[PDB]
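Overview of a structure with methotrexate.
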Amino acid sequence: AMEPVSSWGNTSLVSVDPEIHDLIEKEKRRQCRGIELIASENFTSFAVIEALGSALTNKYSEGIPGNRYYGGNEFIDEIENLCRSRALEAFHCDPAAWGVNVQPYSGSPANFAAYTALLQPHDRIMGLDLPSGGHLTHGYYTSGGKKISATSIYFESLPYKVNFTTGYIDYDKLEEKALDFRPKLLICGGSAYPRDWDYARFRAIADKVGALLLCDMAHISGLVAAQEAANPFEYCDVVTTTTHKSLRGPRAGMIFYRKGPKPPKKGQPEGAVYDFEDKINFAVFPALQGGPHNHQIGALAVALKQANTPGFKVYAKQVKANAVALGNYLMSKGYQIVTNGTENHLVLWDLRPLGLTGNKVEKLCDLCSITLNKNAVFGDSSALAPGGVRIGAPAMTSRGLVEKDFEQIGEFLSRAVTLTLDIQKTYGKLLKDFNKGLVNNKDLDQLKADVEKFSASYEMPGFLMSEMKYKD
Amino acid sequence: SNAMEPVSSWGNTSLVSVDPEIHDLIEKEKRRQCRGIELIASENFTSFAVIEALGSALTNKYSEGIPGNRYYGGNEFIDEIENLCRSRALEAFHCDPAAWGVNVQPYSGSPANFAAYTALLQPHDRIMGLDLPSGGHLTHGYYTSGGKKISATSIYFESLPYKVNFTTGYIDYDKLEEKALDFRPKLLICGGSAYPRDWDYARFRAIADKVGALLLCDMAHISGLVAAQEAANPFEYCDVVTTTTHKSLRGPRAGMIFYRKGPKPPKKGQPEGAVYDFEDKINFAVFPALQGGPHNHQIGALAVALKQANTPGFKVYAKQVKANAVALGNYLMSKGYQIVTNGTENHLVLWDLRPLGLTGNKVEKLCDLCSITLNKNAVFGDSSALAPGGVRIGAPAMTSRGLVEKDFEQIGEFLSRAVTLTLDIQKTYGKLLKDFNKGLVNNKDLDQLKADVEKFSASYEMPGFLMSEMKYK
Amino acid sequence: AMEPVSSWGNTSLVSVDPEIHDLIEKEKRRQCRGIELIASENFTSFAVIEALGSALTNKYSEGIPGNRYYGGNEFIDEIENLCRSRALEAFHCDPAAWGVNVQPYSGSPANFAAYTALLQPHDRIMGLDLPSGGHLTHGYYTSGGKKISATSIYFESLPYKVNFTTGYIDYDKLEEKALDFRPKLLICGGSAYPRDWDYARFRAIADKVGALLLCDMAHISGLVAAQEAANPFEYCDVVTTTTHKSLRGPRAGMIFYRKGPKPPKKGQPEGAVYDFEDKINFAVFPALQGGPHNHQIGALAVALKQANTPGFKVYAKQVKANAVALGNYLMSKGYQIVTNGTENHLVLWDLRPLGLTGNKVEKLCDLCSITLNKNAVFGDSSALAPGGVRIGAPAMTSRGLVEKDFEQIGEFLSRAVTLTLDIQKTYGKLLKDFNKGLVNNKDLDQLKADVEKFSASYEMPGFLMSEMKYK
Amino acid sequence: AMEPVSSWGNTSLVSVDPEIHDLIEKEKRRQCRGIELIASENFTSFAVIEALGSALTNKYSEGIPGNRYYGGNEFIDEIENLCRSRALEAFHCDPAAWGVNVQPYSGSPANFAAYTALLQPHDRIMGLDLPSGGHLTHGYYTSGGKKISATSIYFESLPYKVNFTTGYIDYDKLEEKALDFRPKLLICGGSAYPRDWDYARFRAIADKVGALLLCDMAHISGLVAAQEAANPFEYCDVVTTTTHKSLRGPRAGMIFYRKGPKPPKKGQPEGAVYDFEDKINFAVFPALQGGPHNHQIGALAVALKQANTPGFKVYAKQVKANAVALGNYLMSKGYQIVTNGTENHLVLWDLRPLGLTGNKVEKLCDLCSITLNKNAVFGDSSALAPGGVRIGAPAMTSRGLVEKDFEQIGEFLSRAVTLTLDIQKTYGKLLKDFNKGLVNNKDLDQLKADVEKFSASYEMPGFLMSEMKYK
Ligand SMILES: CN(Cc1cnc2nc(N)nc(N)c2n1)c1ccc(C(=O)N[C@@H](CCC(=O)O)C(=O)O)cc1
Ligand SMILES: CN(Cc1cnc2nc(N)nc(N)c2n1)c1ccc(C(=O)N[C@@H](CCC(=O)O)C(=O)O)cc1
Ligand SMILES: Cc1ncc(COP(=O)(O)O)c(CN[C@@H](CO)C(=O)O)c1O
Ligand SMILES: Cc1ncc(COP(=O)(O)O)c(CN[C@@H](CO)C(=O)O)c1O
Ligand SMILES: Cc1ncc(COP(=O)(O)O)c(CN[C@@H](CO)C(=O)O)c1O
Ligand SMILES: Cc1ncc(COP(=O)(O)O)c(CN[C@@H](CO)C(=O)O)c1O
């Protein structure tokens, strides 16, 4: 005799699985009691989450709208059609010149599918070097020749770097390297670069060496949509992105691609038109993915509707203004940030002049409910000892914080780095001894409690703090 | 301007007010799911509790790495959730954690397989899997007669399929053995998407050992049956087991990669005390090689599903799923229809339409119009992709709504009426699709069939949400 | 002061390097005092050798005739043009429908340049399996997965086999495999298959799977020229060959390719023409080789004139008659030759029914001045101890031997195998045991003396036995 | 009824193939009636040519000495062993620390074999850029992405360049690129570079990036053997070469490789030993080649003996002294050479200050019997046409010319570029117009005549001018 449907299938999580329910409630408390500075994180809306947790998860819908492998997709099709056109609308794309696939599971799936569509195995790729602020998915291999990214396993990658004096992209060295290496794909976009991108110059380089030009705008997609960042669609053939960072949506990826007539070309036929659409669609499916995750797609459609509002543009401006205010506060205390400013959502803090390592700061901060991450500095490609931390404004800005609140965050960070110096002063620059100061430290306990009282006092999108299990 | 919208406005308001359009479409899709007869073998209806974990604050957290070795901080509770997910995974599948580990981060099934391949093979290494017209899946490799590489498994690796016996419809182990002796795959893959019989993993191991291949089972379709001990256990013979979690296992949409650990079994010419080293390679392929941040809301939801799957009640359901497939299969054979291998031992029925003079897509498109959802499926010999010769029918989703054998025989009668209407249209308008499409318009028997079907479907419970609360009643 | 030009540069080899001169004189004696049965070996002519050793070795001539990177190639061009046109004439090709590149240094370079011209790295290739009579350059990899041939390193090979019962190529199994595997290149030809090739059935299979069809005719190239073997040019897109085997020329390779209008197809523009010429030329140079070896090409031109004579056709007939006579003799003594006969220049002999492996017979033969080589047979997996030996007729036929002489060769071979059996019976199959019988063996000594006395009575092309150092 | 062996097999070339015989006599005359300045060409000895044109061509000998696949190799082994040990001797290698494979058919086969032995497909390689003086086989792809060398087809290559101002290899740019690219194999050596190489710095660079270090010493093979150039063996893991350039032997290649204990390196186990020998042998055969060309190997053993003499060392000194006397002659006349001198066998002439291209000069020089080749200068690749020519001394030095003769060659080159400019004044730079001056030009007639009388006044190794057909 089967267990009735209402029992296993309709009972709430709290009764079905108190263990997981309790863990989610502890994670809910952690999120609204911490100062969350990881540049790639955000707090998405309850409306997004309600679509994310929905019966859309049940449906297999392989194919694309209007061309499915099987049936039952009448409404899945409307949702995905709406998600795609809301995506082109959010990024101000003429749909006769731009298409988009919203099925990639995440950002790395979106990048690898773009590479699969446009390149053969072992074709050459160039992206921003990791210690210059690039991302793993743009290619990464070690000095010992170990290939870390699958981008470097199945293709041939070579990084370009920032100028080590200024911290800006050395466009001359990029152009020199691309002319020698002759990449078939040139990637722009990054993860820890604190300035905006000159896509026009990337298009000029791309045209000189004959490469396709792809922008991965994942970190700044929210800024791009809000027209608070330079527009990569003006110059790139293909644009990839995540949807969960500054865009403030679910965890998913998108691939945008040109359609229609190609611009004037050196000796190639009149009337030539782009042929990305079919290649990109086929790489996503059937080549790489299986059934799309329709709960992410519907949730993304909600996110994209929310992004295309006057309010979201205000949020994007505030994100930048908050990043700037935090950076100015740290520089006024004597700290040094990379390029002495920011033009986007993040700040790169150089910790070498303090004699501290990104590891120690990240460790201490985490024990004080401040989450950031360590990060290489000024392109210093050496080892496992990052000399900086990366700080981002999207998540706390989403909780309603403005400049003076981010100045308070700067003062919290100042107390943390002061605490870190003092712990290194007493126990030394070796981590296993530094750790002894991290336990039963009343000063740390005081800072952590002041951090949590600060964070507790702001609203939280996505759920109701008044209803959460752990308010204390 | 320069003042942000209040958090309560954009961030806490419910979906029905924030996005009436999307809310309305999800409610239409909710009604569709509980008013049709859902026979797509890879689908299921998961619990509300799984869905509550899936739509949760876990979506906000970046946690690259694994429990106990993250890149970032703040992962105290994500670590407890993922560790719980792994150990419930090993429990549900009866693995000794000293001999088996599991990575639960794959985004879906195809990511799980490509990660397993990346972990164990170099680019262009040889792979063999079950041919699609024999019941296999794309992710095990697929290229066309023209030489077109369809699956990324065939783009980045060198695949060669194996087939069922031309006559019996069972895996042809001798031909398999012969091909692998010649082709010499580095990885031999078992499991499939439309094969109606259980698998002999002991024979696959013998062949794998004979040729020197790693043996991997993709148990996606039968995951719930294996966990329930209602199917042969691949963990007893395979090096690596991959799976989805949203099919018969009835979880969220995700993948898992199981791998052996510890001392290797005695093989000749093998150094004594030899140990498996799948664990580091598989973890590394998932991250940092292939994926980015894990989707923690899926992982937490998977943990819920793995708890639910490891119950006595879930074993009853798996037994019923197999009993419902058989009941439907016997019902269709007793009407004169041709079922592949004349029965089933798992969750699905493979129906051969070629003796009827019918193509799988015709029956698929007519059923869809009557709220019967299935899929056309290649049967042995097929060459087409738009127009294969059969349909594949599964029991898990309608069984999860509480249907038993008698209800599945009513489904069989609905399937008979639909095929008869399909032949009626063909007899009247022609065998060409453009002719055929004329019968699907203003068709009274088709309207009648669609009404009976939804009347039927409406009579059962629905997991995952409350019908008593839906927009469309 | 510099050594005068005449001193180092015009003095004979006997004075400049007596050590090497003496070694070549010892090798000249070996060649006319032994029974030479290596099926890939021949005795080329003095004329070929006078061109091979000439001032042509001095000239760099990268490019093709009329399109060289360097100047001064007026006469290299005429020679290479002469060689190409004589190549087409020898194999009966209309130059409007076939072209040829004569620059490959040897056979293996010819094959790799053909693959490089026609395929991308990792494309699929099918070739005759080695234990079915195939060659390494058509692909070889071990059961353990060791990639042995470059063909298997840079491309993806899968072998096709002979039918177990008949010893003939199994065209049904081939078609089945090619349909599954989907090769882009299907290769025919071999080095130990004793029968001829049905190129029409191969073309039917290649069309069925969408493969290019290449024939490697190296072994039977002299028989093809003479129209004593089926003609691969009737059905193949590309034909590769060596020139030093049955063609009786210098050591070189050639790549023949179709030109001009294509036959009717589908998706092919009406009026389409073959596109092999430029890819093949380019793959040979600049992709793979450097400067051509012009002395080889001039010597090859001479050989190609000598092959296109009525005399060469008599030789090719005799080569085939001698092989049949040898195989018939061995079969009458109870020996198992594969397919129980031959249609070409060689005989393949399964020794496993005798309880022997081919390395034992090859070693004992060698000590008796009989040169052949061990050879895999159907089912073998051993590098060092295959189950057969391969024997071919071109070289000793070139010395004038006819059927009667090859029946005596059979009796020597039968004597050699009986002695191998005696030794094995007495000492064992273990190598260090079998060796115990290879020394102080009076029966061995006698067989060697008989063999060399038989061998010295016949003429020898390439040099004058009357003027050689060791008689 | 076979044709008698003596008619086809022992008759001389002149009566068997008068066409080919005549063309070789024309090419013999051409070789001594002009000024051969192709840096990669030489005139080898009659002794080498006699071994090259010998009965060694008849033998199949797959394998290596003492480890052959079949029989008849008693004297082939002695010859190949002698070639290998003379090779190690000529380049001053301790045989406990160095081995050599002498079977590569030429230089490009040697290089591709070395790569196959040392690297997996698609592994990264760096070599000297072609416009910077490198060679195709070290990698070459076009600005469009077309892969030209098989090196770039089957591996991933990235070139390094000379300094565009000074013409010297930019070693700091190379280190920068190697650190970014991380090649598994770093190649040194080139085809048109007028300076010696800093192998110690290449070793420092290879060790910094974890690369293998190979030298392709083809052009300077003779200078290194004669100890007239830096020794790559002190620093490189592998040395490949041809044998027909400054080494003055037959056309063939060699691969040297280290053996025995490795020197200390951090991260290296104590007692670690080199593992090149089996890999390199296996790549050559059975992976890439078939039968060795034993006539080349025999001819090579001769050339290696001739190279390890006091006479040959005087020749290598004279080669460098002649290249220096030519370079200092041109600089004395206002002309400019890259790096303003040379340390080896060649000069690189910058023609751009004259407003000339290397194409105009190479073609006018051919029309009056001076063979040189156009060449890019200062690593320029954007240039429509090459801005210089390359001139080598080994070939005419082998004819006995000393410094004063190469000064006379300098005057002939001055006349050539003057007469080239004469034509450019009166027809411009468009080659369709420039071609108009290359016909019915009396001044070019006088130059062709003076050059031909000049060349005829010297001896010729390899054959006897007194006995040639065309005098
Ligand atoms: C991904 N896949 C499986 C598959 C399954 N269901 C589908 N369903 C639909 N509606 N469309 C598909 N492309 C489809 N494809 C494919 C894709 C292409 C071919 C294909 O090329 N078929 C050729 C035959 C192969 C050839 O001639 O090269 C044909 O004629 O249909 C087959 C299967
Ligand atoms: C190239 N080739 C054919 C071949 C023919 N004649 C030869 N002759 C000699 N003297 N040596 C050889 N290696 C040799 N090889 C080879 C090479 C390697 C193997 C091999 O690697 N291994 C096994 C077979 C074991 C396996 O199936 O992998 C052996 O012992 O022969 C087989 C054949
Ligand atoms: C054996 C096997 N392995 C892997 C997958 C991939 O699952 P995914 O869609 O989550 O990527 C599938 C999907 N199978 C689905 C979609 O093709 C089906 O309807 O059969 C599968 O059958
Ligand atoms: C530019 C870019 N492209 C792609 C990705 C991958 O997104 P995914 O986690 O969804 O795979 C990232 C993630 N970036 C995260 C994790 O590394 C970060 O903290 O910076 C990215 O920055
Ligand atoms: C360094 C190097 N390595 C290899 C080779 C090729 O030798 P090969 O022609 O015997 O193949 C050359 C030939 N170089 C000739 C033809 O390009 C030349 O005129 O320079 C070379 O310079
Ligand atoms: C069909 C075929 N194609 C190519 C080759 C290679 O010729 P090569 O030695 O000149 O490389 C051979 C060599 N065959 C020789 C050496 O293995 C033999 O004894 O059979 C061949 O048989």
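Order of the sequence lines sets the chain letters (A, B, ...), proteins ahead of strands, with each chain counted from 1. We use all heavy atoms of the structure for the numbers below, so side chains are in, but hydrogens, waters and symmetry mates are not. Atoms within a ligand are numbered from 1 in the order they appear, just like the ligands themselves.
In this structure, the ligands or chains belonging to methotrexate are ligands 1 and 2. Short version: main partner of methotrexate (ligand 1), named per the PDB entry, is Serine hydroxymethyltransferase 4.
In contact with methotrexate (ligand 1) at heavy-atom distances under 4.0 Å, by letter: A, B. Distance from atom 28 (O) of methotrexate (ligand 1) to its nearest protein heavy atom, with residue and atom name: B/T144 OG1, 3.1 Å. Within the 4.0 angstrom cut-off, atom 30 (O) of methotrexate (ligand 1) has no protein heavy-atom neighbours. The parts of B/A385 lying near methotrexate (ligand 1) are both backbone and side chain, judged by heavy-atom distances below 4.0 Å. Source organism (PDB entry) for chain B: Arabidopsis thaliana. Every atom of methotrexate (ligand 1) with a heavy atom of B/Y142 under 4.0 Å away is listed here by number and element: 16 (C), 32 (C), 33 (C). Residue-level proximity to methotrexate (ligand 1) for B/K376 is carried by the side chain, the only part with a heavy atom below 4.0 angstrom.
Counting only heavy atoms, the protein gets under 4.0 Å from atom 4 (C) of methotrexate (ligand 1). Taking the UniProt methotrexate-binding residues of chain B and keeping those with a non-hydrogen atom under 4.0 Å from methotrexate (ligand 1) leaves B/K376.
Atom 11 (N) of methotrexate (ligand 1) has its closest protein heavy atom at B/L386 CD1, 3.3 Å. From the protein, the heavy atom lying nearest to atom 2 (N) of methotrexate (ligand 1) is A/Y69 OH, 4.0 Å.
Applying a heavy-atom cut-off of 4.0 Å to methotrexate (ligand 1) picks out A/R68, A/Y69, A/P286, B/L138, B/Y142, B/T144, B/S145, B/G146, B/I150, B/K376, B/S383, B/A385, B/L386.
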